[PDB]
Visitor: 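Quick one: structure with 1-deoxynojirimycin.
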Amino acid sequence: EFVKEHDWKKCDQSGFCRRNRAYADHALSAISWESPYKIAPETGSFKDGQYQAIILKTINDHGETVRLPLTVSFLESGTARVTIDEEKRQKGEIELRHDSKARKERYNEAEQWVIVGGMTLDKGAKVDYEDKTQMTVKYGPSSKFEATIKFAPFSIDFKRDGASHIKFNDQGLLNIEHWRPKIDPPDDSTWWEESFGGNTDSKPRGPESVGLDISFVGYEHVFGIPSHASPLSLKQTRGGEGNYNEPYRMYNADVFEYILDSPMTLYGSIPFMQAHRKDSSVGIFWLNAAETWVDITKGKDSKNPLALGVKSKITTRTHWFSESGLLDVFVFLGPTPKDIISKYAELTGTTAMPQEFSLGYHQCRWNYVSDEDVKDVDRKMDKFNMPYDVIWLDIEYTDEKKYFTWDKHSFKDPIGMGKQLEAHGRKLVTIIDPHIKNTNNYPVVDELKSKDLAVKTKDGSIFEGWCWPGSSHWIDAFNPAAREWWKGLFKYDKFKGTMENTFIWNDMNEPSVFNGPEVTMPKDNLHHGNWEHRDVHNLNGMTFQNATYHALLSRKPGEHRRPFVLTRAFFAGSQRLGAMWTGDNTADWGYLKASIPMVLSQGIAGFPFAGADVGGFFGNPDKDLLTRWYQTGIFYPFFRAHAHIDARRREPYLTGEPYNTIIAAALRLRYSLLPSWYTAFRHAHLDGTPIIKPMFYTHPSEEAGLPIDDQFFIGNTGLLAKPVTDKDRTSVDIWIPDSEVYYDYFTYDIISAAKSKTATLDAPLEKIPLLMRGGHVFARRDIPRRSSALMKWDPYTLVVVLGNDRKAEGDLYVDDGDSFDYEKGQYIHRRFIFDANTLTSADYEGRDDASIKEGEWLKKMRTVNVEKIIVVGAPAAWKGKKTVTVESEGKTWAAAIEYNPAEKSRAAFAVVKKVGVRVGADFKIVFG
Ligand SMILES: OC[C@H]1NC[C@H](O)[C@@H](O)[C@@H]1O
């Protein structure tokens, strides 16, 4: 690898970060500090759910002002939006330095990239009160939400249920760096050119950062702003025991050997933060694509947060600042975590419906070295009864790092390789990165250049820099023409050697530039639209994944199907485009433990299709670590093993016994649960529901769960997992969230009942700690197969998990896994309800059976049954009854049931075999 010893800006080395931190330091120590920003009330108007006014910023002691247009929107969802722009820049009345052609306006296209819905203004929103000092707007459901806008100094307080929850500018940290010329006196050391990492940023606009304090009143825990190697409940950043000293950073970057427990940026950024306490949740989304830092402190509400004489109630103070663009913030008032995330997903998108196969196990390393290597691994997995769906090719498959080629010495017959995988319904994934080799006899680069599709430098020249191919240029995927060109390259008849089972991995899309500052592009590079790279950096990865997503919709005439694209770099909205992973982690126990809070943070930030490299990327995991890593990785929504080029081969059949058997058992569990995993992805698609769910989300009334980040619920199943992530551990302490009954998934032992507590569970190497909560039904497929495709027509088992209510609910969603026919109703979605000794299956959306004409997939599913029902926590009244009564599609019959009484701590349970009811039809089964 090119960079041996990396240089990352600390906050003091980022000019605008230094300035905003210093602004805070001044404001928070000034006596009677007043923010020098005022609404000019006579400029204000409220109409049809929107307030518009001019904020005047006082810029010097002579009282000179600049005009900053304010827009506050009250949306039908109950979300509010606050936007501040700069009028002189809107009017183009500034002069860029260096004869730069960069845009004069503040970047205002983040919305175009990110926002897909939820923007309808609430015409029911109304001014409840105003005078010459303030105005209050009521909005939200039944007018329950209020925003009080104070004019002088400017502030906004967002209220519900008789209190303030979120305050803007309470601490007076609002900072919009207005345009100024470079003039000498008649601290500006960071205003103009800045050098770092072997590069000087020409900085043609000068200072232009935007920042604000956002206070979460009475909240002690905040969450989100992935991606960081950090706890789910974010740390403070201004010092203290256990805390950081630097703000959280979002500046998508290629961070070689990234460390644990750090606010340093990683590869992707979602500037979305929630605050949660018992029975109250709120949140903000900072819609800004530039380099962004977030400071976090917690204490009392007093100016000295450690003062005596004041109420103890904690407020979390957050200080957001971005290098350029608009101040543009959405405010969510909940009141539950589910509400907040659903509203966020309405704005930025829900999870795309995945390729079904992509929930399977993915086998990868850097590299499989030939087509024969690939075919041998495929055979070996089958010899060792280790199911898997996809094999991956990293960068060594290419001809000298030219994308859209194959190394013909080593990959002689890629179609034959593709066809072998197809015999088990398996897939191939091939890497394609955004750097295009600058060399002769390569039509891809010729077209990139002649069509003007490459990112440019500060002066309009084509950008050149180094990555895997050596000297390279970069696709500018902000350009719609570049995205349309890119589509053409993926057609099966153009990208030779690919076929219908070939999908794509996008990497190095931060962009990673080996000889660039912080391994990325200069900030004064120019993109399509004449935006500076500084304006759009955090969107770059997403634009590239977008290009590839749309290339995979159709690669031959008549084809229309779901993409699968893995990305490294990402932004808000990337959930619409495919999966991510957490990049170059390390083969050590601390990274295994860290993976779970990271993957959880992804899902609560609205991008749940996430995972970490199983085994760790860098290094050689011990056999026990690798084994535990499989047991955790089967709970990542995106489940792939991967290894760095210097790591030994560690395909799972190489581990040896007893590890092989334990790893195979983990794989078999993932596969058996695939019906429930796919259903969980369906809910993520319907309304942004996370796929794996932290305690704050499932149990908003249970304060003790707030920071817990090492256990989680799966989908809609009530399954509670706590993988072992510590070396040589042979037990685990699980926090039981509530008073329901919890059962061991494998033995049906009663682990807890009647009261929230910590329960200690045996957990040797061969144990996956997995509990079933009472009140839930979930589906699985018990028959083991070699791949998910080979399970498509197999019968289902339903597990009905009862607590003392003897009542439960769950669901199952199935479709063809590939097309967009789901949009026209071609799917099965069952709601299963157990109540009063009866299990029923109904269509989840209450559709009439002959409101939909059955396509080919639905017709084939007529042969697919629910065949087995297990009831855990079976009532004693059922003892000695040998049948249940089954009714379906007009027919009634008896099915045999076996009742097993409680024994020691093992629950009573009953099993119905050979139920024989088609999964697509209503049924009613009466027990007892
Ligand atoms: O392609 C080489 C290398 N690039 C960086 C990626 O994070 C890693 O997964 C990959 O193996």
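Along the sequence shown, the residues carry numbers beginning at 1. When a ligand or atom number is given, it counts from 1 through the structure's own listing order.
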Visitor: I keep wondering which chain grabs 1-deoxynojirimycin (ligand 1) the most here. What name does the PDB entry give it?
Guide: Alpha glucosidase-like protein
Visitor: Give the residue, atom name and distance (to 0.1 Å) of the protein heavy atom nearest atom 4 (N) of 1-deoxynojirimycin (ligand 1).
Guide: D507 OD2, 2.8 Å
Visitor: Examine 1-deoxynojirimycin (ligand 1) and decide if any of its atoms is less than 4.0 Å from a heavy atom belonging to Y267.
Guide: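 No, that is not the case, since the closest heavy atom of the residue is not under 4.0 Å from the ligand.
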Visitor: Regarding 1-deoxynojirimycin (ligand 1), does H642 bring an N or O atom to under 3.5 Å of one of the ligand's N or O atoms?
Guide: yes
Visitor: May I ask you to list the atoms of 1-deoxynojirimycin (ligand 1) that are less than 4.0 angstrom from any heavy atom of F617?
Guide: 8 (C), 9 (O), 11 (O)
Visitor: Any N/O of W366 closer than 3.5 Å to an N/O of 1-deoxynojirimycin (ligand 1)?
Guide: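 It does not: no N or O of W366 is found under 3.5 Å from an N or O of 1-deoxynojirimycin (ligand 1).
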Visitor: Relative to 1-deoxynojirimycin (ligand 1), is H644 under 4.0 angstrom through side chain, backbone, both or neither, heavy atoms considered?
Guide: neither
Visitor: If I apply the N/O under 3.5 Å rule, does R568 come out as touching 1-deoxynojirimycin (ligand 1)?
Guide: yes
Visitor: What protein heavy atom lies closest to atom 7 (O) of 1-deoxynojirimycin (ligand 1)? Include the residue and the distance to one decimal.
Guide: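 Of every protein heavy atom, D584 OD1, 2.6 Å lies nearest to atom 7 (O) of 1-deoxynojirimycin (ligand 1).
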Visitor: Would you call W505 a 1-deoxynojirimycin (ligand 1) contact, heavy-atom distance under 4.0 Å?
Guide: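 It does, in that a heavy atom of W505 comes within the 4.0 Å cut-off of 1-deoxynojirimycin (ligand 1).
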Visitor: Taking atom 11 (O) of 1-deoxynojirimycin (ligand 1) as the point of reference, which of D433, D394, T582 owns the nearest heavy atom?
Guide: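 Comparing heavy atoms across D433, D394, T582, the nearest one to atom 11 (O) of 1-deoxynojirimycin (ligand 1) lies in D394.
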Visitor: Which residues lie closer than 4.0 Å to 1-deoxynojirimycin (ligand 1) by heavy-atom distance?
Guide: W366, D394, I395, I431, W505, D507, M508, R568, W581, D584, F617, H642
